[PDB]
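Complex: NMS-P937 / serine/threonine-protein kinase PLK1.
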2 protein chains.
Amino acid sequence: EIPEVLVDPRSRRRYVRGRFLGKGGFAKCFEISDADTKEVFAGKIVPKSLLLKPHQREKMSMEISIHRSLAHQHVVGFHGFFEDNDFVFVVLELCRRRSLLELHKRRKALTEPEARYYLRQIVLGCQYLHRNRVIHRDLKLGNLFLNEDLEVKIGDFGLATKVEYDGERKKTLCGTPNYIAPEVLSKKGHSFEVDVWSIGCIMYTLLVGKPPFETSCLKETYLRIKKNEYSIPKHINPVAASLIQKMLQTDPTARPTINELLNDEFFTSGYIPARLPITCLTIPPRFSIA
Amino acid sequence: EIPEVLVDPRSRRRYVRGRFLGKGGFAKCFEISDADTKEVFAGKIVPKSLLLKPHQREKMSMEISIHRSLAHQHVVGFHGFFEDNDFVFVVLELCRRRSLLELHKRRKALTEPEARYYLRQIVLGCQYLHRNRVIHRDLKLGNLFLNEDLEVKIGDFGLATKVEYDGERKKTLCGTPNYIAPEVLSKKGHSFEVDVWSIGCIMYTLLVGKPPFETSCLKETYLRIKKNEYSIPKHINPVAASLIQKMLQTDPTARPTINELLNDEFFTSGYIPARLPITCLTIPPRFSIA
Ligand SMILES: CN1CCN(c2ccc(OC(F)(F)F)c(Nc3ncc4c(n3)-c3c(c(C(N)=O)nn3CCO)CC4)c2)CC1
Ligand SMILES: CN1CCN(c2ccc(OC(F)(F)F)c(Nc3ncc4c(n3)-c3c(c(C(N)=O)nn3CCO)CC4)c2)CC1
Ligand SMILES: [Zn+2]
Ligand SMILES: [Zn+2]
């Protein structure tokens, strides 16, 4: 039922709707372009018909509120929002190379240098978020978008929350994140540490080629996370394996903090590419010297 | 994509598909009738296109396996199943008066006698299930169907499980039941007691007109159940209020067992109608003497 042109009274700007990119939650995303400046964007379009309950509205509202307040090289740029009477429209930075999920589907396990490269950017993005007292709470591969340079941009703040005062422990998380931290499952209160947990799973998945706690039943997976049941393959280098372990610990107080991470031996003693070639979307790089 | 006639090779029987009744989970339900004996049935029709994963298949399979093994006045009769290459078909006892959910929407709080009447039947149905080592695990209003006589028939065994040996504690429940017991949320293992818990909520809802632990966020509701946060209105009779309390306790070992229930003062000292008039679908009964 979505209009072909998206008009924002108050900004003046108009947007031609273009190609579908996908659908997550109540949203559909489209390439759109500022009919004037011809600049291209990702547009996230939620029908108000799925927002009849105040609780669902507040969530949509809270996502815009958090996302709007953020600007950083490795966070998906927020360029505005508006609504007509049937839709909410959110205009976001377009990432022309999809997400780490599609990369991982095509390459499974990456080379260490690739993993250093992406994890660094994920971590810088997340250092920014924690610095601003935002927990993302659903960092996973399909939320980690890639622009035309294969730079990471964290996106989808629909489960993100704001830490409102020191020592606050979030008691609930309304949603079912992918790489979900143990203290969320055991409802003991959670904070910034759940993100470091998710990055631990991401690091495992990037290095190993599969998620750490996969099973066929989601409820078994939860159980595994609860008991910290996972094993790191023997071929994963020990420095890398060490860092995975540090992050994937049941005790949130035990895990490194987002700022500790880039000082880990894993980064500081390994080669970190300055940039990757597009070939690496499909072909493992050998990082040859000349 | 569903055929207009449902044919079961092996039984011979054919069924004309008829009116939609509703849709829960992967299923759609239709009135159907044995094209020969003209007998009418409820048909539950699941598309194999939503059953591609082995885990989803096993659940469908487990529901038929449990439901098929059951016969009782207050359980929805199982009359067979079959499949073609695109659908599973399950032929069930038709309940022409929908469920306690539609009754509750129309009447909110019932009179005590009505509540005794329905709870008795729910309990007899459930005594049968426990006798056969089946936990239902999602007893709620929309699962409690009513035939043309306003007799209760427990239905939907899609979260039901079989207790395989004495003292077994089910560790997981793959699904999100409505009136969900605390020990399921705190993953401590659960057994027959979760059903008595659900009947406690049903009793509260039938007497009070709203569920005991309602909030606007499901995750807040869980939290409330976890801490046993609910209050019984002062006008609910004390005997009734007592029985609600006995059933809605955090400690599963503390709650009555399905067989203790009908001996409770709530039943044995109150008037229990032998039957209700259809008027009570819409009009509160006064149970006058002549
Ligand atoms: C899981 N996969 C699905 C497909 N993906 C995919 C596929 C194509 C894309 O565009 C281009 F072709 F230019 F590369 C892009 N690029 C792209 N760029 C910016 C955004 C999105 N996608 C996006 C967002 C959300 C959200 N929830 O907030 N979902 N999607 C994406 C809609 O899902 C936020 C803004 C991503 C990446 C994520
Ligand atoms: C939540 N409400 C929805 C509407 N209901 C409703 C409405 C109309 C009905 O038929 C008649 F008109 F004759 F009364 C009936 N009667 C009816 N009778 C037998 C069955 C069902 N419905 C049924 C089942 C399931 C399941 N999951 O296993 N879902 N539905 C029902 C499909 O949802 C199992 C077998 C129920 C009762 C439950
Ligand atoms: Zn499961
Ligand atoms: Zn919620």
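Letters A, B, ... label the chains, following the sequence lines from first to last. Following the PDB entry, chain A residues are numbered 39-328, in order. For chain B, we keep the numbers from the PDB entry: what you see runs 39-328, in order. Basis for what follows: all heavy atoms, side chains included, without hydrogens, waters or symmetry-related copies. Whatever order the structure lists them in is the order used to number ligands and atoms, beginning at 1.
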Every copy considered, what are the ligand or chain positions of NMS-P937? ligands 1 and 2
Which other chains make heavy-atom contacts with NMS-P937 (ligand 2) shorter than 4.0 Å? B
Against NMS-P937 (ligand 2), which UniProt domain of chain B provides the most contacting residues? Protein kinase
If we only consider heavy atoms of B/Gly62, is any one of them less than 4.0 Å away from an atom in NMS-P937 (ligand 2)? no
Identity of the nearest option to atom 34 (C) of NMS-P937 (ligand 2), non-hydrogen atoms only, from B/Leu130, B/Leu132, B/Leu179, B/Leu139: B/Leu130
Option of least heavy-atom distance to atom 14 (F) of NMS-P937 (ligand 2) (set: B/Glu186, B/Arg134, B/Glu69, B/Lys143): B/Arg134
Would you mind listing which atoms of NMS-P937 (ligand 2) come within a distance below 4.0 Å of any non-hydrogen atom of B/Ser137? 37 (C), 38 (C)
Please state which protein non-hydrogen atom is closest to atom 27 (N) of NMS-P937 (ligand 2) and give its distance, to 0.1 Å? B/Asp194 OD2, 2.9 Å
Identify, for atom 29 (N) of NMS-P937 (ligand 2), the protein heavy atom at the shortest distance, and state residue, atom and that distance. B/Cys67 SG, 3.5 Å
Specify the protein heavy atom at minimum distance from atom 26 (C) of NMS-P937 (ligand 2): its residue, its atom name, and the distance to 0.1 Å. B/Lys82 NZ, 3.4 Å
Which of the numbered atoms in NMS-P937 (ligand 2) are below 4.0 angstrom from a heavy atom of B/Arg57? 11 (C), 12 (F), 13 (F)
Check B/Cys133 against NMS-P937 (ligand 2) and report side chain, backbone, both or neither, counting heavy atoms closer than 4.0 Å. both
If hydrogens are left out, which of B/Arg136, B/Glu140, B/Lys178 has an atom nearest to atom 2 (N) of NMS-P937 (ligand 2), that is, the closest non-hydrogen atom? B/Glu140
What protein heavy atom sits nearest atom 22 (N) of NMS-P937 (ligand 2), and how far off is it? B/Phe183 CE2, 3.5 Å
Below 4.0 angstrom from a heavy atom of B/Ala80, which NMS-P937 (ligand 2) atoms are there? Numbered from 1 as shown, please. 18 (N), 19 (C), 20 (C), 35 (C)
Using heavy atoms and a 4.0 Å limit, tell me yes or no: is B/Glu131 in contact with NMS-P937 (ligand 2)? yes
